[PDB]
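Model: Sesquisabinene B synthase 1 / ligand ibandronic acid.
Numbers for residues simply follow the sequence, beginning at 1. One-based numbering, in listed order, for ligands and for the atoms of each.
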Amino acid sequence: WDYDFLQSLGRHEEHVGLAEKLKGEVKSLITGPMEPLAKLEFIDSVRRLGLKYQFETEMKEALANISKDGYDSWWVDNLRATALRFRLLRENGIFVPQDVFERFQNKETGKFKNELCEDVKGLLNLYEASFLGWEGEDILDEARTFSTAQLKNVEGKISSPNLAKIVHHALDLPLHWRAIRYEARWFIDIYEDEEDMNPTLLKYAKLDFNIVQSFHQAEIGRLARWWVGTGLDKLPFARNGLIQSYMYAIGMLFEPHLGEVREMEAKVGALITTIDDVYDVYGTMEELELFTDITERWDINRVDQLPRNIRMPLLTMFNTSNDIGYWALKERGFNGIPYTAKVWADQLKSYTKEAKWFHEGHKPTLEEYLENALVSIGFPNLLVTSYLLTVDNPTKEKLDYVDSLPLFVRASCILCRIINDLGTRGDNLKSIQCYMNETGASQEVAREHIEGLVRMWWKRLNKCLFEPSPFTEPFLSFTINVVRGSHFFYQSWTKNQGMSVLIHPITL
Ligand SMILES: CCCCCN(C)CCC(O)(P(=O)(O)O)P(=O)(O)O
Ligand SMILES: [Mg+2]
Ligand SMILES: [Mg+2]
Ligand SMILES: [Mg+2]
């Protein structure tokens with residue numbers, strides 16, 4: 001990554017009329033007659049190509065009327081149709097019971113019938129649908145285990161390279177857990193080779209992708225300029241994480257109309273990865289204690305006591321925090337500086353508890369560690385910032401409620417932390433080793449336990465999305481998509497993902 005070259009991008013196309021024509025056509029298709037299984041497959045194709053943000057209402061209405069049609073003959077007895085309907089309806093907020101899978105099980109033992117290994121597409125759809133489940137839905141747990149076992153069994157026996165690629169991709173990460181934009185870039189190429197491929201939808205996908213990528217490149221140019229202006233790229237003992245943070249933010253939100261929010265999120269992310277290193281890599285406890293005190297008091301009057309290599313990240317945090325709070329004051333009429341200050345103070349207190357534990361040789365339980373680490377991962381900061389920047393009529397009360405980390409937000413933060421600990425030269429007190437110290441458990445027993453925690457908290461997020469809350473569409477999607485971006489990173493192979501998504505356009 002030549003940041004010299006990324007300041008280039010965004011400085012330097014009219015396909016927008018054809019884009020609007022293709023959008024009207026795809027929209028008519030979504031409203032079109034569409035025998036119901038074909039309509040489901042089309043809606044799911046539109047989603048996988050990253051186009052749901054264009055056709056929100058049409059997709060919702062189409063799925064709502066599919067749910068309310070008078071007859072079930074078109075999907076019952078059909079595993080692919082049953083699973084796809086389950087998943088899409090339950091993604092749309094329309095509950096479907098797990099009972100619909102019982103007719104594919106041996107009615108005595110509850111096991112899915114081994115003969116289903118003859119239906120690869122149905123197995124894939126059952127697999128994908130299983131990750132829409134909640135706690136206590138045992139049929140969906142069984143569906144996950146069975147489908148994964150069978151798919152890995154037959155992956156070597158599949159001779160269609162396209163379907164082998166799809167099966168391998170699903171085994172890497174289920175669709176429910178995948179970052180939308182990167183998955184869209186992958187599935188454009190995949191969809192171009194599918195059986196019932198619709199060329200109108202494919203062309204619109206490619207064109208819309210290039211346009212959104214143009215917005216992204218302008219954003220990257222501005223952010224690289226700012227980041228060089230901070231001088232933080234030239235820190236020897238701190239990660240140069242501007243482009244990594246922007247990739248995180250793309251996973252969190254990719255819509256062009258949210259661009260400015262992205263930039264701020266990106267900024268915060270960068271600073272997070274810098275300050276963490278200040279706390280994890282190169283910093284005296286006296287230096288970090290002073291860092292934390294200054295941040296808690298929001299008072300930079302004694303900042304010159306710090307060496308300039310620490311003084312620059314601290315003051316960049318300070319000034320960017322004030323800038324974002326003032327953006328809130330100006331554009332939303334609400335001074336957000338106290339809340340950016342609060343979230344940074346809380347995150348530095350979490351960093352401080354972690355560093356103090358290390359120096360003390362403390363070995364916390366997994367629960368204690370996680371209580372601190374859902375904050376130290378930084379996503380309370382990022383999510384409260386996104387809420388500040390996007391909520392209608394911001395108030396002290398709304399901000400206090402979101403910053404209290406209710407179950408929905410707290411589950412997303414926990415997931416980000418434990419996913420990063422599964423993906424992880426620093427502080428070796430992470431999730432796995434905390435559990436090992438707790439229970440004396442094995443390396444791999446602890447790892448599988450943490451993976452089970454991943455599944456459990458995803459179940460809780462799924463059930464949260466069905467339950468009333470004072471949160472609305474954009475923040476909802478933010479909360480899910482930070483977990484998806486975490487899955488994206490801690491599965492450089494991430495570098496070439498950035499090249500394919502943010503740098504190179506799609507040839508048309
Ligand atoms: C974009 C904001 C999240 C990016 C990841 N941050 C660096 C978190 C820091 C960590 O996760 P990292 O593993 O050091 O990257 P930590 O485990 O030290 O808390
Ligand atoms: Mg770290
Ligand atoms: Mg750390
Ligand atoms: Mg770490």
Where do all copies of ibandronic acid turn up in this model? ligand 1
Between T273, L382, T424, which one has a non-hydrogen atom sitting closest to atom 4 (C) of ibandronic acid? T273
Nearest non-hydrogen atom to atom 1 (C) of ibandronic acid belongs to which of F489, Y246, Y248? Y248
Numbered atoms of ibandronic acid (with element) below 4.0 Å of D280, judged on heavy atoms: 18 (O)
Please give the species listed in the entry for chain A. Santalum album
Does ibandronic acid have an atom that lies less than 4.0 angstrom from a heavy atom of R417? yes
Does the N or O separation between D276 and ibandronic acid drop below 3.5 Å for any pair? yes
Looking only at heavy atoms, is any part of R239 under 4.0 Å from ibandronic acid, and if so is it the side chain, the backbone, or both, or is it neither? side chain
Which of the atoms in ibandronic acid, numbered in the order shown and given with their element, are less than 4.0 Å from a heavy-atom of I377? 3 (C), 8 (C), 11 (O)
Can you confirm, on distance only, whether ibandronic acid has an N/O atom lying under 3.5 Å from any N/O atom belonging to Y351? no
